[PDB]
Participant: 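Could you have a look at this structure, given as structure tokens, before my questions?
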Amino acid sequence: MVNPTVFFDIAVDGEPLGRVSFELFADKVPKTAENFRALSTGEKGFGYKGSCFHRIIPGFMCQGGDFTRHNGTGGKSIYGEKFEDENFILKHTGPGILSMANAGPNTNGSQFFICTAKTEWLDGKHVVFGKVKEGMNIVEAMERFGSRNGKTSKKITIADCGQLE
Amino acid sequence: XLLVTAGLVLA
């Protein structure tokens, strides 16, 4: 169904580490893929262009961004500050799984994360709507300099966002 | 812990 592609670059303290791209299954979910697409260009009054990261745990997951409005916890979606779910036809095969984050039922703000392992306890809760085709190496490189204390390579920030129209 | 929600991450 001519699935779109999206990406964004990571900066390790005023230094470009590399780009990470993602392929979305708009074929399966031609609705929630757009949410992600828009969050790149980061119009509509939000996106990943906030140059900030939440946290990076080595050997679990990696992401950050979005929100930015309420003391670093903003976040509204293109369908509102909340949005229903779709389904769980997809599963968590392991690392390289792009899954959403949620804070309740029919409550999918926007923020997602990369699964760098078999998050079997997240399967069925989070929506899988894409995978990491290429960039896992950069993600790994990023995680290598992460920690559970909620600090990463000094101060990693989103350099720029992509959106491959 | 190792959860991924959106509001008040705990251990």
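Chains are named by letter, beginning with A, in the same order as the sequence lines. By the numbers in the PDB entry, the shown part of chain A spans 1-165. Chain B uses the PDB entry numbers throughout; the residues present, in order, are 201-211. For this deposited structure, the header notes the method as solution NMR. As a convention, non-standard residues are reduced to their parent amino acid or to X, and atoms outside the parent are not considered in contacts.
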Participant: Provide the recorded name of the drug at chain B.
Facilitator: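 PDB records name it ciclosporin.
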Participant: Out of curiosity, which chain makes more contacts with ciclosporin than the others? Name from the PDB entry, please.
Facilitator: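 The chief chain, as the PDB entry names it, is peptidyl-prolyl CIS-trans isomerase A.
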Participant: What is the UniProt domain of chain A where most residues contacting ciclosporin are found?
Facilitator: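 In chain A, it is the UniProt domain PPIase cyclophilin-type.
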Participant: Okay, next thing: residues with a heavy atom within 4.5 Å of ciclosporin - which are they?
Facilitator: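 With non-hydrogen atoms counted, the site is A:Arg55, A:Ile57, A:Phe60, A:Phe67, A:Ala101, A:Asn102, A:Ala103, A:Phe113, A:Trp121, A:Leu122, A:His126.
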Participant: What are the residues of ciclosporin whose heavy atoms fall within 4.5 Å of those of chain A?
Facilitator: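 At 4.5 Å on heavy atoms, the contacts are B:Unk201, B:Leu202, B:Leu203, B:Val204, B:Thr205, B:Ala206, B:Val209.
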Participant: Any idea what name the entry gives to chain B?
Facilitator: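 The PDB entry has it as cyclosporin A.
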